[PDB]
Amino acid sequence: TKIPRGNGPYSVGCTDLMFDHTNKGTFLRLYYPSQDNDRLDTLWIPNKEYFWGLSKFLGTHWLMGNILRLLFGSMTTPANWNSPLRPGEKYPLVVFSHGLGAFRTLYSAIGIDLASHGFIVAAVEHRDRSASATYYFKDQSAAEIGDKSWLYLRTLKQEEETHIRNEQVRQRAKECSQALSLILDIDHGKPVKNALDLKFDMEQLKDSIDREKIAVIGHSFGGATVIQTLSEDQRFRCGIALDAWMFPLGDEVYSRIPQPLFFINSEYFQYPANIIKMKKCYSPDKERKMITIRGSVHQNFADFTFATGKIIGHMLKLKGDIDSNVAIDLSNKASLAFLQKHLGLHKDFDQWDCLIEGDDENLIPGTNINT
Ligand SMILES: CCN(CC)CCN(Cc1ccc(-c2ccc(C(F)(F)F)cc2)cc1)C(=O)Cn1c(SCc2ccc(F)cc2)nc(=O)c2c1CCC2
């Protein structure tokens, strides 16, 4: 309800796609330009098990599962559920990676605005036990009955945290790459039965993708995922990391990324040892940009920043000094400028080229971290 609508000229539709039905299959939330704009009725957090997951992730016990569920379980996100895809054009494609303790639906402000500008967006649900919860189906008949098998976030011991996070960011890359393949193959006529039954007939996606214009975007853990993904998959033509958390990356990725890469940071999350990994990505033969959003906290990139009031927002570290709507607008617009330059879109997004440069009252070029 407080989650912002898309600022762009397209109406936006949302749906979910699972294929195959297994735990090794692809799971994504799709945002896309809808043909019609009949009602904004997409449920934001669609299953109790996520409120269970959040609670477990956040430190809380069981009751907070229910309190969070009672507070939010009905909240909508401004997209037309299962609305038909708008026809007659090929859309550039974004694949989006959520952060630690998140899942596919918690970045709709980004997803939706992006779609309102001519993007199809596939927000993937990671099955590396980095999501709070996720689910899949043990067999085809389970999928048919809606007999979901749930997978909750894994917590790690110190000794564990270097091998595991990296094993995880490798899986996340394979999952971004795989979702890309799912879509691309649908785009070229591969018949697919969605493991979920939904009004939206997946066949509409046929011949609807501009295959030269793919980008990968993610937040935090998802930002590290952007960098691994580009590393291994040149179908992704540029990436955008929203406050990347660089710890899961091996030292080998830095020399391996040729595509242009964009760092959008928050002022209050970054720390020098994180930043120095970002600087390791810079090379005169490569395009790396970096802006910092002033007054912004880590959470400014996800949807819970528009879910509480100004006071409690700041208490829960969900909101910062900057306005949540002013922030996400800067990030979204800075992104559209960047996506236009390196995918060679023919739109008016260059009108925010300055936001790539930090030319704003609320933007800092580079980073506040002096080194
Ligand atoms: C150590 C694990 N936890 C416990 C301290 C760290 C949690 N954390 C920061 C954070 C702050 C607030 C909330 C929050 C979300 C919803 C609510 C409520 F529902 F109540 F409204 C309240 C609080 C969630 C995470 C992080 O882990 C930050 N983080 C995140 S937060 C992304 C996220 C997760 C859940 C969510 F709901 C929204 C955003 N992602 C990452 O990839 C990484 C990090 C750190 C390193 C890598």
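Just so you know, residue 1 is the first one in the sequence shown, and it goes up from there. Both ligands and their constituent atoms are indexed starting at 1 by order of listing.
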Inset, instruction - Say which drug appears at ligand 1. - result: darapladib
Inset, instruction - Name, as UniProt does, the macromolecule that darapladib contacts most in this entry. - result: Platelet-activating factor acetylhydrolase
Inset, instruction - Write out the binding site of darapladib as chain and residue number, heavy atoms closer than 4.0 Å. - result: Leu54, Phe57, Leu58, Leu68, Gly99, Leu100, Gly101, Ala102, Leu106, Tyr107, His219, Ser220, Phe221, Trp245, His298, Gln299, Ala302, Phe304, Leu316, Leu318
Legend entry - darapladib to chain A UniProt active site: nearest residue, heavy-atom distance: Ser220, 3 Å
